[PDB]
Amino acid sequence: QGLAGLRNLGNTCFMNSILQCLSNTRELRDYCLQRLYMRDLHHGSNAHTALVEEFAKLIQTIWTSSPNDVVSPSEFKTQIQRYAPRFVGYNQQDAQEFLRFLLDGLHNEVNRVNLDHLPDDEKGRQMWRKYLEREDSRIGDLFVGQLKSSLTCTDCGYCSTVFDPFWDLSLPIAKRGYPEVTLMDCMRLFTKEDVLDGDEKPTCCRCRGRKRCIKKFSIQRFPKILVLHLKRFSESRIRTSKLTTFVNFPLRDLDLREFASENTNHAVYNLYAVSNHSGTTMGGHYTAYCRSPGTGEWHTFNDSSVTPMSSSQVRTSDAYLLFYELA
Amino acid sequence: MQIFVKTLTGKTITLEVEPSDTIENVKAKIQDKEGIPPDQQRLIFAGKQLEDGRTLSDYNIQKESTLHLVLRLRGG
Ligand SMILES: */[SH]=c1/[nH]c(N)nc2[nH]cnc12
Ligand SMILES: [Cl-]
Ligand SMILES: [Cl-]
Ligand SMILES: [Cl-]
Ligand SMILES: [Cl-]
Ligand SMILES: [Cl-]
Ligand code: NA
Ligand code: NA
Ligand code: NA
Ligand code: NA
Ligand code: NA
Ligand SMILES: [Zn+2]
């Protein structure tokens, strides 16, 4: 069933929001339920095995509870704060920041471990194999993609290309919007042609001086699970504040083909989870909306309460992290 | 060497750095351009948040890599 709430341990709803998103990440959940992590676990003492163990036990407990049971993640929390001491307290925290440290911990514990002559695509493939020989896990299987960044000197026309892995994308929010800001508007702002001039002129290795350049991202490899993090932060050099702009994101048929380096039939996503923040930058409350992998129905997970919801209630301006799965 | 930071609203900035530069040094460099206190900055690369006390080399960060600048929505 998977409709168990998580006990608030003291400002830990950021952690619970993320835990529920991951609980409803079908392939990650199955990994834990089917106990497939056991043979992936590393041996050797104080290689943080308890983190994977306590995370998997929590996912197991959630998916074997009666609906409206409340589960305690206290053992898990002990393990995550040992892995990442910033989470030692009972202070309010950022859910994205928590996601990154959590997935890093899990990944590390089940880890199974110049090119100017090459065309772009071959260079990327080689950089990708080079990466996968350092970072190769079931967690990576799900979350990791590859960006291509192309930097062109406007003077000599030389284009330097590099390839950066990613486990999520942090998207700037469009200030525009005809009727509404959309997720596609945000992906466009991420992948757009960035002008690097004035103070931002890069040095051109061919021109041997600072030149106006254009820099552009595309997606070279799409991940199975695409996590999109909306940059809800103002540019204030005094008091930073939250951007509460409504971003309209789809539930279904997010086709990211246009952002690909190479045309692909396999960059279409469906939404399955959302981590919501209500508050300011300094404080607030987290909730999660998640689609059960089994039934396809949505629930709100809020301060240990688990309640059904319609798909029409899923899109809100409080959306902060969006979890999409390759359809 | 030069690396890039994708900042908060759509723009990218260019930093001059050495492999031995500490994450704190990078944050200072970003402060000089963006006016964001280092203690508020989080820098993501290849799914890792870069930690103070470590260096660019520690993370295999090469020329023309891009760092993703994000701040925080604290919640409980
Ligand atoms: S406090 C809490 N508990 C659960 N299960 N889910 C959440 N989502 C956001 N906050 C929470
Ligand atoms: Cl052991
Ligand atoms: Cl605010
Ligand atoms: Cl910007
Ligand atoms: Cl330094
Ligand atoms: Cl940080
Ligand atoms: Na030991
Ligand atoms: Na480049
Ligand atoms: Na700011
Ligand atoms: Na990495
Ligand atoms: Na680049
Ligand atoms: Zn040039």
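Chain letters: A, B, ..., in sequence-line order. For chain A, we keep the numbers from the PDB entry: what you see runs 264-376, 386-599, in order. What you see of chain B is 1-76, where the numbers are those given in the PDB entry. For ligands, and for the atoms within them, numbers begin at 1 and follow the listed sequence. Method of determination (from the header): X-ray crystallography, 1.8 Å. Every heavy atom of this structure was used, including side-chain atoms; hydrogens, water molecules and symmetry mates were not.
- In the deposited model, the macromolecule with the most close contacts to ligand 1 is named by UniProt as Ubiquitin carboxyl-terminal hydrolase 2.
- As for ligand 1, the drug there is 6-thioguanine (bound form).
- Chains with a heavy atom under 4.0 Å from 6-thioguanine (bound form, ligand 1): A.
- The active-site residue of chain A per UniProt that lies nearest to 6-thioguanine (bound form, ligand 1), with minimum heavy-atom distance rounded to 1 Å, is A:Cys276, 2 Å.
- Looking from atom 5 (N) of 6-thioguanine (bound form, ligand 1) to the surrounding protein, the closest heavy atom is A:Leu269 N, 3.0 Å.
- Nearest to atom 4 (C) of 6-thioguanine (bound form, ligand 1) by heavy-atom distance, out of A:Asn279, A:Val578, A:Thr559, is A:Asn279.
- Measured by heavy atoms, 6-thioguanine (bound form, ligand 1) lies under 4.0 Å from no UniProt Zn(2+)-binding residue of chain A.
- Where the criterion is an N or O separation shorter than 3.5 Å, residue side chain and backbone included, A:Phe573 meets it with respect to 6-thioguanine (bound form, ligand 1).
- Closest protein heavy atom to atom 10 (N) of 6-thioguanine (bound form, ligand 1): A:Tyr558 O, 2.8 Å.
- Closest to atom 1 (S) of 6-thioguanine (bound form, ligand 1), if we only count protein heavy atoms, is A:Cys276 SG, 2.0 Å.
- In the entry as deposited, the covalent bond from 6-thioguanine (bound form, ligand 1) ends at A:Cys276 SG.
- In chain A, the residues contacting 6-thioguanine (bound form, ligand 1) fall mostly within the UniProt domain USP.
- Binding site of 6-thioguanine (bound form, ligand 1), heavy atoms within 4.0 Å: A:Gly268, A:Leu269, A:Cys276, A:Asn279, A:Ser280, A:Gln283, A:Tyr558, A:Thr559, A:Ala560, A:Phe573, A:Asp575, A:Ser576.
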